[PDB]
Number of protein chains: 2
Amino acid sequence: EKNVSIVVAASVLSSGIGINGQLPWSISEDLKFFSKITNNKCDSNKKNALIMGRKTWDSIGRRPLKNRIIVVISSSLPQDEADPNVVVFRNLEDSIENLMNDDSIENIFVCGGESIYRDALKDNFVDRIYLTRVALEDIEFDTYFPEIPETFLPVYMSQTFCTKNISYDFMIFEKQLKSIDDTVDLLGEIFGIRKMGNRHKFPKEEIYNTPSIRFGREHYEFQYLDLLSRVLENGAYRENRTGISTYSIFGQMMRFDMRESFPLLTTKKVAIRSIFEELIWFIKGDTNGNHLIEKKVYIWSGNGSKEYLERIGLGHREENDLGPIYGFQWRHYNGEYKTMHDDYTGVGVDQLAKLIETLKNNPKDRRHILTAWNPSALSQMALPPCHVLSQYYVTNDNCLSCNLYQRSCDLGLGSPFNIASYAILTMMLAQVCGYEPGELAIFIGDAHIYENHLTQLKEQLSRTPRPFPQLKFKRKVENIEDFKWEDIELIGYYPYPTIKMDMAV
Amino acid sequence: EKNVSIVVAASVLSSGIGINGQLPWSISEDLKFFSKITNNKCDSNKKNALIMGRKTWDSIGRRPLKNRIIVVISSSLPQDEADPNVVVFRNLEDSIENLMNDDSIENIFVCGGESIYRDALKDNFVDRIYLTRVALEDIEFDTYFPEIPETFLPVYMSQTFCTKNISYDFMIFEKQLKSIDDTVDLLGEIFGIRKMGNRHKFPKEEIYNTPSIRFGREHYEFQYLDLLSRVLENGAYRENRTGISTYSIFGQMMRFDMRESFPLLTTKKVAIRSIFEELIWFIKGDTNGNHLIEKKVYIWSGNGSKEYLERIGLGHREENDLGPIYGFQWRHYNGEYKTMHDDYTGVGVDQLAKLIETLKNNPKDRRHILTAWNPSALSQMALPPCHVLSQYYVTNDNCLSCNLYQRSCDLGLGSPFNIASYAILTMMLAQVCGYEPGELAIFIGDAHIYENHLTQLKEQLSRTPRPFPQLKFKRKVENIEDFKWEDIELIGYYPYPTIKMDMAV
Ligand SMILES: NC(=O)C1=CN([C@@H]2O[C@H](COP(=O)(O)OP(=O)(O)OC[C@H]3O[C@@H](n4cnc5c(N)ncnc54)[C@H](OP(=O)(O)O)[C@@H]3O)[C@@H](O)[C@H]2O)C=CC1
Ligand SMILES: NC(=O)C1=CN([C@@H]2O[C@H](COP(=O)(O)OP(=O)(O)OC[C@H]3O[C@@H](n4cnc5c(N)ncnc54)[C@H](OP(=O)(O)O)[C@@H]3O)[C@@H](O)[C@H]2O)C=CC1
Ligand SMILES: CN(Cc1cnc2nc(N)nc(N)c2n1)c1ccc(C(=O)N[C@@H](CCC(=O)O)C(=O)O)cc1
Ligand SMILES: CN(Cc1cnc2nc(N)nc(N)c2n1)c1ccc(C(=O)N[C@@H](CCC(=O)O)C(=O)O)cc1
Ligand SMILES: Nc1nc2[nH]cc(Cc3ccc(C(=O)Nc4ccccc4CCC(=O)O)cc3)c2c(=O)[nH]1
Ligand SMILES: Nc1nc2[nH]cc(Cc3ccc(C(=O)Nc4ccccc4CCC(=O)O)cc3)c2c(=O)[nH]1
Ligand SMILES: O=c1[nH]c(=O)n([C@H]2C[C@H](O)[C@@H](COP(=O)(O)O)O2)cc1F
Ligand SMILES: O=c1[nH]c(=O)n([C@H]2C[C@H](O)[C@@H](COP(=O)(O)O)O2)cc1F
């Protein structure tokens, strides 16, 4: 009995491996992973064995590897007794005998082609699968990886990495103490909601995304998918200013990486264009809702209709004049807001401009804050600022991190937008100031789920995540308000089908 | 071979158990815990065995317990063969035979007096200890619990509970997968700081408080003591506006409970009086530094000296005229700040008053925000607001929770004060509005440690924590600015000796 694992790097969707006798990508870090994973020996005078087909043996140059015995599955190659680091077997079934004897071989790894992968799974010899998912699908394959059978379960999913603008993950598939559990549960019976642990229950398998991945939830999309589960388990049914009631908890956070990936949800086709047009709308200082409607973006029409505006006591306002919201408080703080058609160039504290000047001249400064809560002009807003405070931080490696506090997040409609919106905003500040994107942390107050999103959000938790895409700018801009949608390149985004959710006006 | 545990409820410091033949406290939940912990059987047709001395057998009334065999250790009591749920042995050594030959007994529990506790440890019969630490020391004992030998290590420590204004914990003392670890480490060698996991390394045992408690870090003081450990492991040496450099990370949070306890650090004698006088100073709208100096509180002298004020370009300011800091922005927002001795009654948005009126009339409201960042009047401040935004939330149980975002935390000098300040403020808002204290969450930006605190904070991590104290008000106040230091009763606070740290002016 010895561990027999599979090492493979396939595409994210079609699961393709190699084209015309060679690989369709050149990722250096992946090959280094193959080296480290196949040289993992626990004893000293022992070496691992790698199994591959002839066409794979040909593709690697017919040369042995460092302290690894190469096993070739060929019906034509002669068993050369000269080379001890390369052995040839006539078939895969006969080749699996270095487990009942040959103690020298510690572990066994299967890394051949489709012909060897398919026969290794159908014969039930595989105990573990090391999968490297590459985000490449607009190309052509000729050799694919067989679909993983239901007997294997995902146990680990790494963070999204990047190499030459190509995103890739690392997953593990396994074939599927007691003294504290019998005490915390007893204290949970004595104290009900007196014990704070009962107020934050661990979600059950029915709302936990990919529950087989227990200890290896490293993909930072789980920071969002586990928040949905945490709301369904502990969310309190509550009313609000709209007719749609919510399930809300208080005090949650999400952490994201922006160096090797771009935090854009893959479990739902997020409209990335609508997020950008809203962000550049904020950066320009514009509070005219029609400008977004004139760009085929209808996300501020509900909160800017004639019925809604007169309902909240703003009948004196034009159709889509939202008012001093983010975008007016960013560029003009404490400015006498008249209408949307007015000229505020020069009035108000330009927080965004001073923020850039502070990030360049004083990086070690701790007060790189951008606020949006102005109590003096709240009754004039069509809607109070949801994402309020935002703090930025420069590391010693010229990286730019971002922290956001959100008073209430509409998980399903507002959180996926706010994740990408401030991720793009951080990258824009990083380019203009000359830094690199770092980490993104979002601190949430009233994390709620509207009751008409339960059917859709329950579907999102059923979809296993995919690696994050890459976001690259097409040109360096002079100022900051010069970005255009054409200057944005989204690389390797293959999400799940979009699910429609209605906005609670 | 079967488990032989010890169940005991001793004092926090002297470890006292019982006085004049009875217990020195009446905690109903503790007895309920003793019942549930001794009725934990896995086999149905099997019963546990409880061992106690004669003087303890007398204290419980000489009556058996529900489906538990009581073993009495007495040299005078006759072995009554009539009662099958009570058996008498002449000594403790002879009484322990129901493990090698008696299958009927599943588990063994030792819960006698000092005579049985000391003999159970000195003879090395104990495999596990269930300790209930009660915060009572101003009384008199007569029977104590033996000091835990070095062979036992803490494995679990529950949250601080409360019963009749008495805090108590629950601890466990034990006698002192593998496939994913060998993959995340490999990815940590390939990618250096490219992998986000390496930027947030798990602290080492040498800076981890009570490293034996791995899975049972439920005491919410660990939310602060593990933040110190996380800074020492991953903190980047950085400069700032003062001569003292720091070790800072970005994006950390802490969680606290205010229902059954009061988040006041026990690893250091925190000056609670100075925290209150600062908090009530904010509520009144006062920005005069001398008023705290006239109350034997010298925490704003460094940032309010004649030398410091002229160094930051405010030489035209009086001695301790701090300016519009928190405390002016709370009660008077966007008010024309003149001097410290002015009458701003009527000018500026009274955020605190509107907050109280909103918490009463509209609890389900999501915009219970109290901000302190006013970019229009930042150059007038002697020091920008460190703790900026604060959001409040009413649960369905008429409880008041609080979320805070802090721009920079001086861990060791500023964090312990800010924890209690917003904890007391939440209780003040809860009483005036008619709610109960709930949860407290603090969201941190630049979590740093000044380099002159390393010797002291490394000492703070060496002392194992103690249960939180209780904070109760002595009277109900009419408004909110009527609180006085005499109206506060701190119950059960037994911290470690105070350690002096210098403020980076
Ligand atoms: N992304 C990845 O992880 C990997 C990708 N690849 C790619 O896949 C491609 C190659 O794979 P593939 O085309 O499927 O060819 P294979 O690598 O699977 O090799 C197949 C050959 O092995 C022999 N063989 C296979 N099955 C048997 C059997 N049951 N009994 C006896 N002999 C057998 C035959 O050779 P013979 O003629 O001697 O009988 C057969 O032609 C390449 O492009 C390569 O780059 C390869 C490895 C890994
Ligand atoms: N806080 C807690 O968890 C608990 C507290 N207590 C408190 O502790 C106090 C009582 O405990 P304590 O004073 O120590 O007395 P004990 O409960 O330990 O009982 C001692 C008696 O057991 C017999 N005994 C003790 N040692 C031996 C021995 N080595 N060999 C043979 N017989 C022995 C003797 O009985 P004999 O007269 O026959 O010689 C002795 O009088 C009470 O206040 C009680 O309430 C008790 C249990 C739990
Ligand atoms: C069989 N094969 C195809 C191939 C390519 N990429 C993969 N990637 C993964 N994740 N898994 C595989 N099984 C895999 N297989 C191989 C095997 C080894 C080398 C190789 O050159 N290995 C060097 C790697 C050199 C390096 O460190 O850069 C070694 O030292 O083992 C290339 C292709
Ligand atoms: C020997 N003794 C003293 C006593 C009191 N408190 C303790 N508390 C702790 N944590 N550990 C002990 N060993 C302990 N012992 C006892 C033992 C049982 C009961 C008792 O009444 N038990 C009932 C409990 C009734 C209830 O649910 O409140 C039971 O069903 O077990 C009281 C005192
Ligand atoms: N209650 C409440 N009030 C709010 N006011 C303003 C907002 C922001 C916002 C308003 C609307 C949306 C929205 O429809 N997203 C979306 C989601 C999935 C698929 C497609 C789309 C848009 C369609 C497209 O591609 O055009 C997103 C964000 C907001 C909110 O989210 N909730
Ligand atoms: N850099 C920086 N600047 C700041 N300006 C204003 C503050 C607030 C503050 C200033 C000082 C303290 C302080 O000495 N605490 C303390 C800690 C442990 C033991 C005893 C004490 C006081 C002794 C006693 O009062 O009994 C706390 C809080 C602040 C800060 O914390 N850091
Ligand atoms: O950027 C946004 N992010 C967001 O989460 N919302 C959602 C949060 C909440 O569901 C609603 C605001 O309702 P309320 O003002 O009562 O908090 O809008 C709206 C935005 F514009
Ligand atoms: O309530 C407070 N909390 C706090 O953490 N500081 C410390 C944090 C840091 O040491 C300093 C902030 O100065 P600056 O952020 O301008 O560097 O004050 C000060 C307070 F008054």
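Each chain gets a letter, A, B and so on, in the order its sequence line appears, and its residues count up from 1. We count ligands from 1, going down the list as the structure has it; atoms in each ligand are counted the same way. All values below come from the heavy atoms of this structure, side chains included, with hydrogens, waters and symmetry mates left out.
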* Name of drug found at ligand 4 -> methotrexate
* What name does the PDB entry give to the macromolecule most in contact with methotrexate (ligand 4)? -> Bifunctional dihydrofolate reductase-thymidylate synthase
* What other chains come closer than 4.0 Å to methotrexate (ligand 4) by at least one heavy atom? -> B
* Asked: From the PDB file, what's the organism behind chain B?
  -> Cryptosporidium hominis
* For methotrexate (ligand 4), which residues make up the site at a heavy-atom cut-off of 4.0 Å? -> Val7(B), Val8(B), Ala9(B), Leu23(B), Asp30(B), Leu31(B), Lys32(B), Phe34(B), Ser35(B), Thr56(B), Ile60(B), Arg68(B), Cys111(B), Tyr117(B), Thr132(B)
